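Drug gabapentin bound to macromolecule Voltage-dependent calcium channel subunit alpha-2/delta-1.
Each chain gets a letter, A, B and so on, in the order its sequence line appears, and its residues count up from 1. The structure has been trimmed to a portion of the entry, and contacts are counted only among what remains. Each ligand, and each atom within it, is numbered from 1 in the order the structure gives. Only this structure's heavy atoms are used, side chains among them; waters, hydrogens and symmetry mates stay out.
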Amino acid sequence: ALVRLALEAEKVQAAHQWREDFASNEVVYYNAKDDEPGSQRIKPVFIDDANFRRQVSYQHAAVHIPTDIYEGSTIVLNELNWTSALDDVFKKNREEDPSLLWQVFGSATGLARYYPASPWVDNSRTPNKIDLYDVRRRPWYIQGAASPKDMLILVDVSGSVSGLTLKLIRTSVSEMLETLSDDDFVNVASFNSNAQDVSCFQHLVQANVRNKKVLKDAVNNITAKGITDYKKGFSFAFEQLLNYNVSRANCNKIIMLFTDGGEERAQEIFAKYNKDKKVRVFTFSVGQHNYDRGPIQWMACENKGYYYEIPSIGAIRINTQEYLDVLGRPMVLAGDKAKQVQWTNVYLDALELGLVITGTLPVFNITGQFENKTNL
Amino acid sequence: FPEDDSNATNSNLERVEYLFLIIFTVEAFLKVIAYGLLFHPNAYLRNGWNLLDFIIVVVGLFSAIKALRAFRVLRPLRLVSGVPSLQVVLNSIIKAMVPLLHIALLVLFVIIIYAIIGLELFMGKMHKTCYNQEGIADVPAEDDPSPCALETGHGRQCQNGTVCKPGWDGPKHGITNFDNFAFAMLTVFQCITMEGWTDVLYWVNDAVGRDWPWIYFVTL
Amino acid sequence: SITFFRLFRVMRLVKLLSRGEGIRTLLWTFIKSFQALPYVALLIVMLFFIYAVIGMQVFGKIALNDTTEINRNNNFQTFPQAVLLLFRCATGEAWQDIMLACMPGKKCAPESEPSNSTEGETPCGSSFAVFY
Amino acid sequence: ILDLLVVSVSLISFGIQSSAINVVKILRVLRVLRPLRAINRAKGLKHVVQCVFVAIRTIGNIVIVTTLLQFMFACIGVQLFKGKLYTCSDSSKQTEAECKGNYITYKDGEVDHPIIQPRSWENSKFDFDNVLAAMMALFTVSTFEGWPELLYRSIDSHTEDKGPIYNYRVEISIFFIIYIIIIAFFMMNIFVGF
Amino acid sequence: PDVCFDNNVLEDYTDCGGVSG
Amino acid sequence: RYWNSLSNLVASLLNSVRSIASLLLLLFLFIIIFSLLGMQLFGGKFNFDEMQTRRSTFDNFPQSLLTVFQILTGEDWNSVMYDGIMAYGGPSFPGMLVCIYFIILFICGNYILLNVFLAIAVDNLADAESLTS
Ligand SMILES: CCCCCCCCCCCCCCCCC(=O)OC[C@H](COP(=O)(O)OCCN)OC(=O)CCCCCCCCCCC
Ligand SMILES: CCCCCCCCCCCC(=O)OC[C@@H](COP(=O)(O)OCCN)OC(=O)CCCCCCCCCCC
Ligand SMILES: CC(C)CCC[C@@H](C)[C@H]1CC[C@H]2[C@@H]3CC=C4C[C@@H](O)CC[C@]4(C)[C@H]3CC[C@]12C
Ligand SMILES: NCC1(CC(=O)O)CCCCC1
Ligand SMILES: [Ca+2]
Ligand SMILES: [Ca+2]
Ligand SMILES: [Ca+2]
Ligand code: NA
């Protein structure tokens with residue numbers, strides 16, 4: 001079922017014409033979590049079913065759009081326009097196996113289109129019932145968006161980071177740790193004229209619930225003081241990634257620096273520990289300040305990494321889950337041999353269904369494949 | 001920087017501080033040797049000598065192992081001594097300021113009297129808030145509710161579960177209040193410059209009522 | 001409940017003002033400058049009176065609200081409160097915020113004759129308030 | 001004007017609903033000038049009103065040149081900040097075409113307290129677009145009231161229809177400073193004339 | 001797991017987050 | 001300039017500027033000294049609250065100059081005084097004397113500013129006396 005869905009989705013997206021005239025012609029779809037120009041809504045019938053412990057309809061597929069994503073933009077409109085072709089294959093899949101549970105396509109733009117149609121979840125409309133669901137952060141999405149990694153979070157705890165930016169750094173580190181799974185290994189270090197571990201681990205750990213809790217509790221107790229020294233910190237980070245005496249993953253050695261700014265590039269350390277660019281370096285500039293952000297971007301660009309800015313709590317959610325786009329380039333380039341179904345851990349369904357396991361298969365973009373034009 | 005940081009530029013300034021200190025020290029030594037028993041009467045010479053001995057002391061203390069660097073800010077004033085036709089302006093300004101002593105003393109007496117009046121009228125009537133459950137108010141808490149439903153009828157705690165709860169630090173951060181003597185004098189000085197006195201008047205009105213403090217504020 | 005008498009004690013400090021000589025004659029000759037003072041004072045209080053009256057006439061329909069520059073202590077209907085507001089504006093305490101608080105779109109309380117606000121239009125327009 | 005007061009006394013009920021309510025009840029405030037007219041013979045009018053009129057007449061060119069400089073600075077500010085002073089609620093969006101939804105704000109901070117609020121595109125209170133406008137803004141700046149807020153709002157503006165940066169174009173603040181000094185050079189001058 | 005995908009030589013990676021803005 | 005009712009006044013203004021450039025540079029030097037003192041004494045201690053960065057700080061030199069100018073104009077100096085007091089702990093015997101700084105910055109310099117206006121009087125004394133030729 002997953003393979004057929006992925007094939008149909010790729011074929012439909014390949015032959016699609018971009019447009020910006022959604023005012024004249026509207027996209028018709030049923031939206032969940034409800035009850036604007038360019039969109040028409042659908043009123044379902046919502047019969048009651050015995051398999052799903054709620055009311056569902058077998059005539060169209062519901063769409064969930066997160067709160068911060070406005071459903072009137074042209075990207076979302078095009079997404080709905082070209083994803084409206086998955087309903088027929090959804091119906092065929094459910095007709096083949098009537099015992100089929102939820103089928104879902106989670107887009108990279110934020111919206112998740114699932115079948116059968118059913119209203120989103122709510123708990124008595126209490127004030128503490130805001131919908132913060134984001135399909136791009138669900139583990140069944142992250143496990144198929146990339147491969148296991150060997151992340152080592154390097155945190156700036158120098159004196160120039162005390163204040164709002166230190167709190168932002170702590171929150172960002174917690175949200176970054178929230179994206180990891182059991183197959184990934186992580187450790188957290190800090191540096192202020194001296195690099196040291198933030199907890200009792202001293203090396204990479206399997207990053208399960210207990211270890212992640214320990215790391216979060218250790219990172220929520222750090223203080224800012226002393227001068228900054230990027231050379232010692234990066235030496236420590238590269239040394240901890242060359243252990244091989246412990247259990248590891250050996251799949252993605254990445255260094256995720258959290259800082260504000262500086263004037264040090266430290267070319268010698270990078271030319272010493274990775275001449276062959278075997279370790280990616282992602283860089284984050286956190287808070288509102290007036291420090292130079294040049295060397296940070298140079299570090300992000302020289303190594304096959306990326307550079308991000310997190311100026312407020314609002315951007316933490318989105319600007320900490322974007323590194324999976326960079327880590328997915330080799331998988332896309334491999335292409336056909338990377339179309340393998342993966343099954344995830346046991347977790348509680350967000351639509352009140354119990355304990356479930358989710359199959360996973362990514363979908364590639366193949367527009368202009370027979371002409372080899374863009375490839376960007 | 002917040003807590004002892006640097007960017008390789010402050011270190012160079014610290015290094016050149018030694019050169020500046022050496023230049024000033026040798027200049028002072030040669031000048032005092034040339035003058036002998038004459039370096040004393042001139043005030044600017046004594047100021048420069050004080051600056052140099054102070055910077056020697058602070059650099060020695062730093063080499064032994066902080067805020068004394070603030071005295072370096074007194075160095076640019078020496079420039080005024082260096083350039084002529086500028087000290088006469090300061091002398092004229094001082095001469096013009098001299099006959100204002102009576103007015104300054106009268107202002108001091110008035111502010112002292114008003115501070116004492118405020119101390120007598122208000123002692124601790126600005127330490128209550130509409131706390132809901134335990135020492136926390138839903139409002140930003142800067143309000144000054146009624147003193148537990150007494151003769152004063154302002155700042156009523158009728159918000160469906162709000163009490164006086166006399167356990168508050170005070171308005172702002174406990175800085176603007178008529179308790180103690182320094183606080184009252186500072187508040188009177190703040191009100192006499194016509195900056196933010198309306199907020200103080202409103203807080204006092206919420207504390208005790210709008211049938212008394214307005215006379216005090218308008219008279220001030 | 002009566003503490004007005006204790007305020008007399010600090011008044012003894014006023015005796016210390018009589019000790020000085022230059023300050024005494026300075027204040028004596030300055031307080032003696034009440035010859036042309038009454039006419040100018042009457043002109044100023046007349047200006048305040050007329051401005052307060054016209055303001056309470058046009059800026060009526062009080063809106064008891066917080067964080068809107070129009071509160072229980074900052075009203076525009078009672079004459080002493082209007083005079084206090086004008087005095088505050090003269091002293092220069094966020095008068096531009098007060099001006100912005102009086103704009104054509106400004107919902108105001110139904111405390112007036114429209115007890116249920118059955119008018120649709122906010123009774124605090126004051127299109128010329130800026131000029132005022 | 002007493003005749004007008006008569007039309008205020010009479011119960012006027014014309015087709016206009018605002019009859020004898022605000023059209024004429026605001027023109028009846030001219031009742032305090034009657035004592036002035038009565039005491040115009042000596043009393044406090046022989047030299048009080050005359051001196052005020054002479055003083056206000058004798059200023060003239062100073063006021064007109066101050067107004068001319070105000071107009072010039074308003075034009076300069078319009079050419080500088082014509083549409084730059086704009087923002088949105090979440091401050092994470094730049095164009096006006098993208099700030100048309102809802103966003104999460106965490107009360108005052110400390111996380112774990114989400115609050116969903118609509119996105120709105122708003123100007124910087126005191127507008128600077130038209131030359132008819134942007135003069136009351138400079139008047140407020142010259143009165144030393146709220147000018148730091150406008151200064152820090154206009155320091156970090158850029159492009160034409162985009163949101164602000166933290167500290168882009170810090171130097172432009174000197175403009176404001178110059179204006180202030182110029183205004184002072186006239187505000188202290190006028191007193192001297194008197 | 002044994003299947004790992006990383007470090008492909010045909011990766012562009014010319015679009016970092018700094019030089020593009 | 002079709003009228004010439006201000007020619008003597010304009011010439012007097014130009015000469016007065018050329019003469020009181022000394023007063024202007026003295027005021028600028030005073031502002032520089034107090035800005036340096038404020039930057040050294042306070043510096044980056046205005047980030048105690050983890051809510052929002054305050055614009056009026058003493059981090060940089062231009063920022064210190066802007067803050068000193070704002071205080072000199074007298075617009076909203078109480079908030080800066082409160083921030084400075086809260087930087088040194090809170091309301092207490094050692095943590096309250098720093099406000100003395102602000103007091104000086106509000107009086108002596110302001111007095112200097114007033115004296116500047118005094119020079120203008122003398123300038124107009126050169127105009128009215130020139131009115132009778
Ligand atoms: C807690 C201990 C307090 C100890 C205080 C000791 C003070 C001794 C000297 C008394 C000085 C009191 C000054 C009170 C007047 C302040 C004032 O009234 O400030 C508002 C006004 C609104 O005007 P505005 O246009 O709206 O804005 C500003 C545009 N400039 O500004 C001014 O006139 C500034 C006048 C300051 C004169 C001070 C001269 C002191 C000379 C004595 C030195 C020995
Ligand atoms: C020419 C002006 C003279 C310069 C003054 C220098 C004298 C020494 C001042 C600093 C004293 C010192 O050794 O520094 C202690 C610090 C550190 O501790 P805190 O910062 O409190 O700790 C944060 C807790 N979270 O402050 C204090 O304890 C009280 C400081 C009291 C003196 C300042 C008064 C200002 C002078 C006004 C001049 C016009
Ligand atoms: C709808 C909003 C944008 C307002 C309408 C357009 C505004 C910006 C335009 C329309 C007409 C314009 C006015 C037309 C004529 C004059 C006379 C000139 O000597 C000074 C400027 C002034 C007074 C203009 C200022 C700007 C103005 C008021
Ligand atoms: N199983 C995926 C869900 C909930 C989840 O993301 O865990 C979302 C799409 C529709 C089915 C439910
Ligand atoms: Ca640093
Ligand atoms: Ca003032
Ligand atoms: Ca003010
Ligand atoms: Na698995």
Inset, instruction - Report the positions of gabapentin in this structure by ligand number or chain letter. - result: ligand 4
Legend entry - Other-chain contacts of gabapentin, heavy atoms, cut-off 4.0 Å: A
Inset, instruction - Name the residues that contact gabapentin at heavy-atom distances below 4.0 Å. - result: A:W102, A:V104, A:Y114, A:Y133, A:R138, A:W140, A:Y347, A:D349, A:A350
